[PDB]
Amino acid sequence: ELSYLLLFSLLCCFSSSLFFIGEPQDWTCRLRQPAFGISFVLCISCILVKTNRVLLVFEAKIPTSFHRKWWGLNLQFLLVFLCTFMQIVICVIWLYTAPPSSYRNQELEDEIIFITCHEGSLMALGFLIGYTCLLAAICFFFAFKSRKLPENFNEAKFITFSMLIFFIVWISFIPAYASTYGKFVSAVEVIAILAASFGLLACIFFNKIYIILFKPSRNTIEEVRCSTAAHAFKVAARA
Amino acid sequence: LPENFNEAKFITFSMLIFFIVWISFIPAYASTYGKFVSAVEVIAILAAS
Amino acid sequence: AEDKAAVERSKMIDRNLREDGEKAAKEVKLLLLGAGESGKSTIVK
Amino acid sequence: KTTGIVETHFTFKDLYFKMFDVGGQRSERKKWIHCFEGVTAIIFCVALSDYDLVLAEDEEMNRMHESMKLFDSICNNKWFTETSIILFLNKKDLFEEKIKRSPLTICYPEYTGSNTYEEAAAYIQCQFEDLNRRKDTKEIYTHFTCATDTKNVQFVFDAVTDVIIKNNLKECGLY
Amino acid sequence: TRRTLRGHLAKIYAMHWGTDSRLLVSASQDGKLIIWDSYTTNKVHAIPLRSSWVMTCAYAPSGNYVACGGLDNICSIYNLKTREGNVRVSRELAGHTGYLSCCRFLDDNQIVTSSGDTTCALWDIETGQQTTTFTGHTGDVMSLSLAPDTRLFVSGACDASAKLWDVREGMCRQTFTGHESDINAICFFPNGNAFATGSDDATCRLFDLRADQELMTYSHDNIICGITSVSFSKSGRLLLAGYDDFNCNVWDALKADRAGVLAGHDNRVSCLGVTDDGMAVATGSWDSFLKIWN
Ligand SMILES: CCCCCCCC/C=C\CCCCCCCC(=O)OC[C@@H](COP(=O)(O)OCC[N+](C)(C)C)OC(=O)CCCCCCC/C=C/CCCCCCCC
Ligand SMILES: CCCCCCCC/C=C\CCCCCCCC(=O)O[C@H](COC(=O)CCCCCCC/C=C/CCCCCCCC)COP(=O)(O)OCC[N+](C)(C)C
Ligand SMILES: C[C@@H](NCCCc1cccc(C(F)(F)F)c1)c1cccc2ccccc12
């Protein structure tokens, strides 16, 4: 279920880059940034909730009193909603007070007219950036804590390498964003968004598709048993 | 091979990091003007090291 | 009066049963089968 | 003083175990076997010394061939679909001593191997572990033991922990 | 349903209505024994048990004693009466070989039990040694009910047969057949001249003592599960049966046609009973709930 939700949010993430191409308008400059912010926070939340469940399942060897309802199937979506609630409310408050707009800039250059979008309030954008970075940083710890889980349940190698690409790509573009202006800042934004989404999709899913469709082995339920048999040490038999 | 605390894996990790950093450096260098060329060229060195 | 006292008695009984069930839920129960005259006594020691 | 269910209690590494020895009931099993629906696992004991030289108060009823029948009946009950079995094969010293004189071919029709202890024990384990047909739901843990072996409690502990872990993955839908 | 009783935590195996048609008694596969109160759902007593393998329970006609039993092969009597304010074991009756599968109070000093040893017995609670032993069954006795005059009783065992004993002479006098599998329940007609059975063949039959014959069979083509409990209502017009498929059925004794159905349990029904005045029906199931229908 969380995989389906993550795939839907990632579909939203690629489609969110199509608002940065074409002539700016009043509503496009209002829908540019919140779309990507929410569509990426959703994926981060899905990853966090999934990892937190397997650990809680695996760290409950003693007969368990209540965590049974703590790892409920329906509460995962509630946790995801609680994680994205901050982004939702910040975007709503930002659009309420000082929404973006369209601007014809005649002061950057004498003989050229530039069409750009205003931001209304930079604080309301810094808050989104900080929240996304904080969740991405928490993903590092949640991947670190999950490194000792058995096979088919451990993904600590792929969570970190998808956040590293995101951080590197979005840090290396700071000088160009600060100094350069024109029609290429939008191209930089599109490239960064597209690269982050591609890295996430690849590093999360391309490893499994290969075992599922090709090398259809490690493919039955009579192997995943032996694989899950390592955390507690006795699964002994001859078969 | 776990010869020395899984040494053959961290080498692969570092090489991938190096390649990613410079591939990402290409477009950022290609779209920067003025005094920030040094800014975009120092960051890649620091990250790789 | 009598209904009230029965209410507190029932509440105390329910509390005791809840605690007993909570304590008993944390034990592993094993059924020891086996063929006749085959062992099942050394395992006990 | 009591007869019928017998109970033993012990602790190991912050766990509590309860063992029921209902083998002294001496009545029809089918009328009370369903009272144990909910046990974590079933511990089964088989003596390797019966492979031959001892039948049971009868003329053509091998003790091992009756233990196999009881294992087949128990492992495939309607009430024991999800409960795993811990199988103990005891008295291996006598088996090793008697292999050199009495081969294994007197018990089962086809091969054993080298008439060597290592090869006969593996074949007996394979034959005894093939009587289950619920392979998609339950699992079997086998551990050769003797009168001197003293590591049985850690085998039981680890098997119980593994059973508990896989049971929870199933509820959550993961496995 | 009119009242629902909660508080158990495991499967429920027995139940017996009180002689005042107000209080109950229930036994679950724990060490617990709760005395209920269907008028206002407040519990009265909760008795822990040494062995958590209870199979039957009974409530004394004097309202002062109860009984238990199970795979421990022992019947125990509890002093529910004034005993300084609590309950403690009065006597443990030993001597049976197999498990104990039914027990009924005759008086405050005599109790009849049936066991899986293919043997019933009549005990003496003051001494603890059985005074009469009823033998003749070749299978495990599963059910037992007493006549209104408490001078005759019947039994059913895992061999298809029913016997009519008398508590004084200690000898069987009549044997009734007709079933083709094990028999699980039995109870007398209110007049004491007939009884009904319930087997694993999904059929219920009626027998009469004077004619020594089988009168009617109550069955259907949509039932394959066996019966676990059988009870007559007052005047004998309505026969109540509890089945494995979560359901309870109401029959017509005279014409053998279904007249109702009871469906409120999510698990197998293991016990049911009707009050002395025929005012209510109680049902127990393999979950931890009880219900009262009216
Ligand atoms: C261009 C500018 C960009 C600036 C960023 C670049 C900075 C330099 C980058 C990196 C230095 C460290 C690289 C970390 C690589 C992770 C290695 C890895 O992948 O190992 C995988 C797993 C464990 O191994 P396993 O699962 O495969 O097998 C285990 C199976 N068993 C247990 C049986 C053996 O390791 C784990 O658990 C993961 C534990 C946590 C990982 C630590 C990551 C720390 C990241 C710091 C960067 C912060 C952003 C920079 C902010 C600056 C703002 C101005
Ligand atoms: C994970 C990473 C995801 C990112 C995707 C990477 C692929 C992107 C492909 C193309 C993006 C180009 C952006 C177009 C913007 C228009 C700018 C333009 O093309 O104009 C032209 C500029 O360009 C160029 O001559 C080329 C720019 C030089 C780049 C270095 C390339 C050689 C690299 C060494 C790095 C290490 C390589 C390692 C090999 C890896 C192989 C495995 C002319 O304009 P100018 O003279 O006024 O510029 C002046 C800019 N100043 C002031 C900085 C000079
Ligand atoms: C679409 C994109 N806005 C990028 C312009 C600000 C910026 C440009 C260049 C570098 C940096 C940063 F690396 F300093 F963050 C920020 C965006 C919208 C909403 C949330 C976001 C969260 C993280 C990253 C991008 C987010």
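Chain letters run A, B, ... following the sequence lines, proteins first, then strands; residues in each count from 1. One-based numbering, in listed order, for ligands and for the atoms of each. Reckoned from all heavy atoms, side chains included, excluding hydrogens, waters and symmetry mates. Portion of entry displayed, and contacts counted within that portion, nowhere else.
Structurally, the main neighbour of ligand 3 is the chain that the PDB entry identifies as Extracellular calcium-sensing receptor.
According to the PDB, the drug located at ligand 3 is cinacalcet.
Other chains reaching under 4.0 Å from cinacalcet with at least one heavy atom: A. It turns out that no other ligands or ions are under 4.0 Å from cinacalcet. The binding site of cinacalcet, defined by non-hydrogen atoms within 4.0 Å, is formed by A:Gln33, A:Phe36, A:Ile129, A:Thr132, A:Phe166, A:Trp170, A:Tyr177, A:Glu189, A:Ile193.
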